[PDB]
K.L.:
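Quick one: the structure is below, questions incoming.
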Number of protein chains: 2
Amino acid sequence: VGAXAXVXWXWXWXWX
Amino acid sequence: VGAXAXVXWXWXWXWX
């Protein structure tokens, strides 16, 4: 979660 | 991964 990969910013799901 | 939860900083595994 949050920032990098997963649920949030960068990779996987959400933004970036 | 990275910063928040998962593999890295904050929650789950790594630091914080």
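Numbers restart at 1 for each chain; the letters A, B, ... are given by sequence-line order, proteins then strands. Per the header: solution NMR. Modified residues keep only their parent identity, or become X, and their further atoms are not part of any contact count.
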K.L.:
Which pharmaceutical agent is found at chain A, per the PDB annotation?
P.N.:
gramicidin
K.L.:
What name is recorded for chain A in this PDB entry?
P.N.:
gramicidin A
